[PDB]
Engineer: 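What we have here is meropenem (bound form) in complex with Beta-lactamase.
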Amino acid sequence: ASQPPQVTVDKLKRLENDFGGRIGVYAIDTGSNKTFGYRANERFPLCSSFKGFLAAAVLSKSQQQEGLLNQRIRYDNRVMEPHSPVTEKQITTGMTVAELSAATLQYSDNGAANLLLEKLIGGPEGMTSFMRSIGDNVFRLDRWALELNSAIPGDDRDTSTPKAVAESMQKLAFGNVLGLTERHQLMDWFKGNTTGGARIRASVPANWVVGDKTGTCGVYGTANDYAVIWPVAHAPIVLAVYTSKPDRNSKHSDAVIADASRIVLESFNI
Ligand SMILES: C[C@@H](O)[C@@H](C=O)[C@@H]1NC(C(=O)O)=C(S[C@@H]2CN[C@H](C(=O)N(C)C)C2)[C@@H]1C
């Protein structure tokens, strides 16, 4: 009862032509295992979207280190990265590992990301190692939170593919790589994300539940979102939407991400 894949491709190609850039998508119906991709194996910059996987890496570490989420981290006199809305307010108090993970995912706090990378996960190399450990052989993180957003065409640093992002989200949300407590916590963090209102969330009816993480590099019209979507009385759908434009000076488009998401989700004829 689903739409022919070529219909969906044809719609995405027209949207690409309107956008003036590249759109890559992959979606997984976790109940039927039906999938759909377009440019699904092309690399796109992750931008800040890696932070959802960073939070997962922290939870995986906590599953083996009792009490890790409650550990308090202080960062007096640290120079805080731009776009650190939570960490810049908690210097006097410090923040727990859980609070840092929630902030990095839900507010895209760069300071929280670099604090977790430095102090728990082992830098970009350790982030990449975590993804390898769940069978993602595509993801790579090469640089720290600010520098990874250059989004230069042809530069494979700090990239993944829509398929790999969606497949890794599926593993983390519903597979065995995290325990029940950790899955539930990860999903609750994604559900509370605050930066995705104009992207995948804008593509679904208001009574569906979404958990997501966005990325906005700020150059090369490059922006993205990936999500778990719970339709009414239907198995969850995992979706990744990544975009870029050839011109350094172009702006990204939230609306194109929302429209691509709508096209892909409608193709499952839920
Ligand atoms: C490198 C980092 O600084 C960015 C990562 O990609 C941050 N993460 C994103 C994101 O999309 O998640 C924004 S965009 C910002 C978060 N939402 C705001 C927004 O959508 N507005 C103001 C409309 C703007 C950061 C720069």
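Residue indices begin at 1 and follow the sequence shown. Counting starts at 1 for both ligands and their atoms, following the listed order.
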Engineer: Any idea which residues from other chains are within 4.0 Å of meropenem (bound form), non-hydrogen atoms only?
Structural biologist: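 With non-hydrogen atoms counted, the site is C47, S48, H83, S108, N110, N149, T195, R199, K213, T214, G215, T216.
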Engineer: Note the single closest protein heavy atom to atom 20 (O) of meropenem (bound form), along with its residue, its atom name and the distance in Å.
Structural biologist: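 Among all protein heavy atoms, the one nearest atom 20 (O) of meropenem (bound form) is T195 O, 4.6 Å.
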Engineer: Looking only at protein heavy atoms, identify the closest one to atom 26 (C) of meropenem (bound form) and say how far it is in Å.
Structural biologist: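 Nearest protein contact, heavy atoms only, for atom 26 (C) of meropenem (bound form) is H83 CD2, 3.9 Å.
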Engineer: Starting from atom 5 (C) of meropenem (bound form), find the nearest protein heavy-atom neighbour and note its residue, name and distance.
Structural biologist: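 Answer for atom 5 (C) of meropenem (bound form): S48 OG, 1.4 Å.
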Engineer: Of all the atoms in meropenem (bound form), which lie at a distance below 4.0 Å from a heavy atom belonging to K213?
Structural biologist: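 Under 4.0 Å from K213, meropenem (bound form) has these atoms: 12 (O).
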Engineer: Is there a protein heavy atom less than 4.0 Å away from atom 2 (C) of meropenem (bound form)?
Structural biologist: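 At least one protein heavy atom is under 4.0 Å away.
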Engineer: Distance under 4.0 Å to a non-hydrogen atom of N149: what atoms of meropenem (bound form) satisfy this?
Structural biologist: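 Here the atoms of meropenem (bound form) in question are 1 (C), 6 (O).
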Engineer: Checking contacts now, so for atom 11 (O) of meropenem (bound form), which I'm interested in, is there any protein heavy atom under 4.0 Å?
Structural biologist: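 Protein heavy atoms within 4.0 Å of atom 11 (O) of meropenem (bound form) - there is at least one.
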Engineer: Identify, by atom number and element, the atoms of meropenem (bound form) in contact range of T214, meaning under 4.0 Å from any of its heavy atoms.
Structural biologist: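 Checking each atom against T214, I get 10 (C), 11 (O), 12 (O).
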Engineer: Can you check atom 16 (C) of meropenem (bound form): any protein non-hydrogen atom closer than 4.0 Å?
Structural biologist: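 Yes.
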Engineer: Among all the protein's heavy atoms, is there at least one whose distance to atom 24 (C) of meropenem (bound form) comes out below 4.0 Å?
Structural biologist: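 No, no protein heavy atom sits under 4.0 Å from atom 24 (C) of meropenem (bound form).
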Engineer: Checking the N or O distance criterion of under 3.5 Å, is meropenem (bound form) in contact with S49?
Structural biologist: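 For meropenem (bound form), there is no N or O atom that lies under 3.5 Å from one belonging to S49.
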Engineer: Using distance alone, decide if meropenem (bound form) has a nitrogen or oxygen within less than 3.5 Å of any nitrogen or oxygen in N110.
Structural biologist: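 So meropenem (bound form) has an N or O lying under 3.5 Å from an N or O of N110.
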Engineer: Any idea which protein heavy atom is nearest atom 13 (C) of meropenem (bound form), and the distance to it?
Structural biologist: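 For atom 13 (C) of meropenem (bound form), the nearest protein heavy atom comes out as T216 CB, 4.1 Å.
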